[PDB]
Visitor: 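Here is miconazole bound to Vitamin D3 dihydroxylase.
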Amino acid sequence: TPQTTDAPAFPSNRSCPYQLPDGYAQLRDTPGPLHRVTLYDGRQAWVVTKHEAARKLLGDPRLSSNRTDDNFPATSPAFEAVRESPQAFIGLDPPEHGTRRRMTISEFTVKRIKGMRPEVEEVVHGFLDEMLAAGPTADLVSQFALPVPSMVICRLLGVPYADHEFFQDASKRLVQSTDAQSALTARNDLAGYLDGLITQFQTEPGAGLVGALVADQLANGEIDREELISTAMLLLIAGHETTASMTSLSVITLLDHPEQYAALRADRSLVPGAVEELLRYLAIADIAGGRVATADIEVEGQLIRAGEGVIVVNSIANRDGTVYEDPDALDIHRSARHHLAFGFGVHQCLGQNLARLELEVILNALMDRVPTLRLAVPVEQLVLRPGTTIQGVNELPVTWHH
Ligand code: HEM
Ligand SMILES: Clc1ccc(CO[C@H](Cn2ccnc2)c2ccc(Cl)cc2Cl)c(Cl)c1
């Protein structure tokens, strides 16, 4: 009759945009690096819930990133579209992972990201121009948080922004669908589009990273055509959805901590540190922590057995009080160094410094151009995405001094 379990259902949903779900707070407080959970289909898996243990297991080659493994810890039926072959390098292990990742790294270097700053500022202020010209109220998501990173990543990739309604919609359907059929359709829509773009570039060599992969690696048989599609799709979707969620959740969080938001406005040298703290605190991508053991792993007396699924839950690890004193306190002045919002090791987020640039430019622009920005509804009225996808809000009504 008692319902207590030692393998609670995973994932949990946030009720507050920037707070751990109650069940995650429970996992955070329970000693030990690992904890059993039950996934949507009844299967048991391990979650990693402490900070150094998370780094250790992210660096352990025995925890494979191969999503096509039958034992990979899928958290929803929609996962079967990500289990579609071929995998982009996020789903590959060394040595294949490295050969594919190095086809893309040149677009994400510190020198390239620095070169992008004028363009990102132009895009950010252009969409602010438009949203502010029309006056309040507005949905910050559709009008600003999503189009800005979309326009930026399209230029990076060589994908025509003219088609943005098409791939923004497909991107949403892929990331947010709860059934395999809906996800597979969205994936097929994007794949067919990207396959046509490849053919166009074979006719007329094109700009951007897709153009470069077509002209070089594909022409040399060094990447499969369908790998190129998967790779472009990874970057296109991650380029859209991640940054947009950080923007909306950071605005919500900062407006709920007005003393720190005011301190940030008063001293813009605090923005880089504030971005690190917001990344640590909001940790929007637990959905990207899944691994499968290819061999037994001993972890501080607990045994992960070959064939078991393991989810490195970076949001919980980022609230490890042995690393971040008073971990559930937002503190833009703390050292948020070593946070795991981008992962750790060979798969650490390729876009991390583009994301850091965009959030810095965005926060500075909002504080510059809309210092009176405020939510047009109460926080409790917003609808948070579930834990089976990237954290965030699908709409964010805002107003300001016209
Ligand atoms: C705040 C925004 C973002 C967050 C929190 C985030 C989070 C993450 C995390 C946790 C991983 C590790 C996945 C794993 O270990 O399996 C990852 C990988 C990756 N992210 Fe992001 N990401 C963000 C933005 C972006 C953007 C803008 C891009 C644009 C291309 C991007 C592209 C990638 C890629 C390509 C990988 C795979 C890297 C590899 O496997 O070597 N991410 N991201
Ligand atoms: Cl078929 C297919 C192929 C690629 C993706 C995108 O891959 C990124 C991984 N990522 C996260 C942060 N940086 C990179 C992701 C995975 C899951 C979700 Cl819910 C949201 C995102 Cl943005 C998706 Cl969604 C579906």
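The numbering of chain A matches the PDB entry: 7-408, in order. Start at 1 and go down the list; that is how both ligands and their atoms are numbered. We use all heavy atoms of the structure for the numbers below, so side chains are in, but hydrogens, waters and symmetry mates are not.
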Visitor: In what form does the model contain miconazole: which ligands or which chains?
Guide: ligand 2
Visitor: Pull out every atom of miconazole sitting under 4.0 Å from any heavy atom of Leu180, numbered as shown with elements.
Guide: 1 (Cl), 2 (C), 25 (C)
Visitor: Applying a heavy-atom cut-off of 4.0 Å, say which part of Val181 lies close to miconazole: side chain, backbone, both or neither.
Guide: both
Visitor: Of all the non-hydrogen atoms in the protein, which one sits nearest to atom 13 (N) of miconazole, and at what distance?
Guide: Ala244 CB, 3.9 Å
Visitor: Quick check, please: with a 4.0 Å heavy-atom cut-off, which UniProt heme-binding residues in chain A are near miconazole?
Guide: none
Visitor: Show which atoms of miconazole fall inside a sub-4.0 Å distance from at least one heavy-atom site of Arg193.
Guide: 1 (Cl)
Visitor: Any idea which protein heavy atom is nearest atom 1 (Cl) of miconazole, and the distance to it?
Guide: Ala87 O, 3.5 Å
Visitor: Which atoms from miconazole have a heavy atom of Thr248 less than 4.0 Å away?
Guide: 12 (C), 22 (Cl)
Visitor: I need the contact type for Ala291 against miconazole. Using non-hydrogen atoms and a strict under-4.0 Å cut-off, is it side chain, backbone, both or neither?
Guide: neither
Visitor: Around atom 3 (C) of miconazole, find the nearest protein heavy atom and jot down its residue, atom name and distance.
Guide: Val88 CG2, 4.1 Å
Visitor: Just go through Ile96, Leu240, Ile396 and tell me whose heavy atom is the nearest to atom 20 (C) of miconazole.
Guide: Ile396
Visitor: Which of the numbered atoms in miconazole are under 4.0 angstrom from any heavy atom belonging to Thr395?
Guide: 19 (Cl)
Visitor: Which residues in chain A does UniProt mark as calciol-binding that also have a heavy atom less than 4.0 Å from miconazole?
Guide: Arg193
Visitor: Quick test: of every protein heavy atom, which one is nearest to atom 5 (C) of miconazole, and how far off is it to 0.1 Å?
Guide: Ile243 CG2, 4.2 Å
Visitor: Tell me which protein heavy atom sits closest to atom 16 (C) of miconazole, plus the residue, atom name and distance to 0.1 Å.
Guide: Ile293 CG2, 5.0 Å
Visitor: Which residues make up the contact shell of miconazole at 4.0 Å, heavy atoms only?
Guide: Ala87, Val88, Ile96, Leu180, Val181, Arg193, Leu240, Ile243, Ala244, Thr248, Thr395, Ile396
